[PDB]
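Complex: saquinavir / Protease.
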Amino acid sequence: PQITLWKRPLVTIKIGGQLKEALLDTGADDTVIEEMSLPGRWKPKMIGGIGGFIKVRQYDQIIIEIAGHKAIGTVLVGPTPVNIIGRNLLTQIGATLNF
Amino acid sequence: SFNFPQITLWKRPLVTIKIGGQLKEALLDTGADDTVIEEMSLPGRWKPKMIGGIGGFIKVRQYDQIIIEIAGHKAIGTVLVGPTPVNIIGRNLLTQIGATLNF
Ligand SMILES: CC(C)(C)NC(=O)[C@@H]1C[C@@H]2CCCC[C@@H]2CN1C[C@@H](O)[C@H](Cc1ccccc1)NC(=O)[C@H](CC(N)=O)NC(=O)c1ccc2ccccc2n1
Ligand SMILES: [Cl-]
Ligand SMILES: [Cl-]
């Protein structure tokens, strides 16, 4: 619960019965995780980053545990190089950025 | 506090920065290794670099030892200049203003 930024802020997540590592990312609007199957229905979405846009699958109301905190919300699945926890779920677990 | 704000993440964590004499808005971004600013003029030597993120890579100019004011806090470090859609303050400078994640 107090994470400095001299290293990447990586945490463990539990999603679709798997443990994975993910990046706590205040610069991401959305949560984007590498290809895997999830227990739900999806719809298409386009999202942008540095370097253009990618197609992802949008899964709503997904149960995901981040550093032991449970969230239930939208997870995007697509060709990201790193699993990213964005503000939609950072807010659910009560994360803040402090000076 | 006003001098050391606790920033909630309901909205994008945007702040005012001053760089190269100019005021700009930038994103405080714990998920970025580097600080990347839109095309602008900076002094000194630079070297070309490729940096990547979600969509792929962009070519930037790397400048070292740049002074930047971030929400009124002084930080010095490398700044990459290039075709980023959003100015972002990455971990190399967030550490210099004592930023932490808390939950
Ligand atoms: C994740 C998504 C919802 C698409 N949002 C974003 O990606 C938004 C888009 C915004 C507008 C365009 C400019 C970027 C800002 C902030 N970003 C969030 C932002 O936090 C984003 C998230 C991220 C992390 C790691 C890998 C990829 C993507 N970081 C980045 O784009 C930074 C840029 C940099 N410093 O070089 N990338 C990295 O720090 C980084 C780290 C490891 C990597 C490994 C392999 C390939 C690329 C890698 N890039
Ligand atoms: Cl959500
Ligand atoms: Cl630096």
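Every chain is numbered from 1, with letters handed out A, B, ... down the list of sequences. Both counts, for ligands and for their atoms, begin at 1 and track the order of listing. Reckoned from all heavy atoms, side chains included, excluding hydrogens, waters and symmetry mates.
Every copy of saquinavir considered, the relevant parts of the structure are ligand 1. At a heavy-atom cut-off of 4.0 Å, the other chains in contact with saquinavir are listed as A, B.
Using a 4.0 angstrom heavy-atom cutoff, B:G90 does not count as in contact with saquinavir. Residue-to-ligand polar distances place B:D29 within reach of saquinavir: an N/O pair is separated by less than 3.5 Å. Polar contact with saquinavir: absent for A:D30 (N/O pair, distance under 3.5 Å). Other ligands and ions with any atom nearer than 4.0 Å to saquinavir: none. Of the N or O atoms in A:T80, none lie within a sub-3.5 Å distance of an N or O in saquinavir. Saquinavir has at least one atom lying under 4.0 Å from a heavy atom of A:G48. Set against the non-hydrogen atoms of A:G49, the atoms of saquinavir under 4.0 Å away are 7 (O), 9 (C), 12 (C). With the cut-off at 4.0 Å and only heavy atoms counted, the binding site of saquinavir comes to A:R8, A:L23, A:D25, A:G27, A:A28, A:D30, A:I47, A:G48, A:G49, A:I50, A:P81, B:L27, B:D29, B:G31, B:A32, B:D33, B:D34, B:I51, B:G52, B:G53, B:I54, B:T84, B:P85, B:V86, B:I88.
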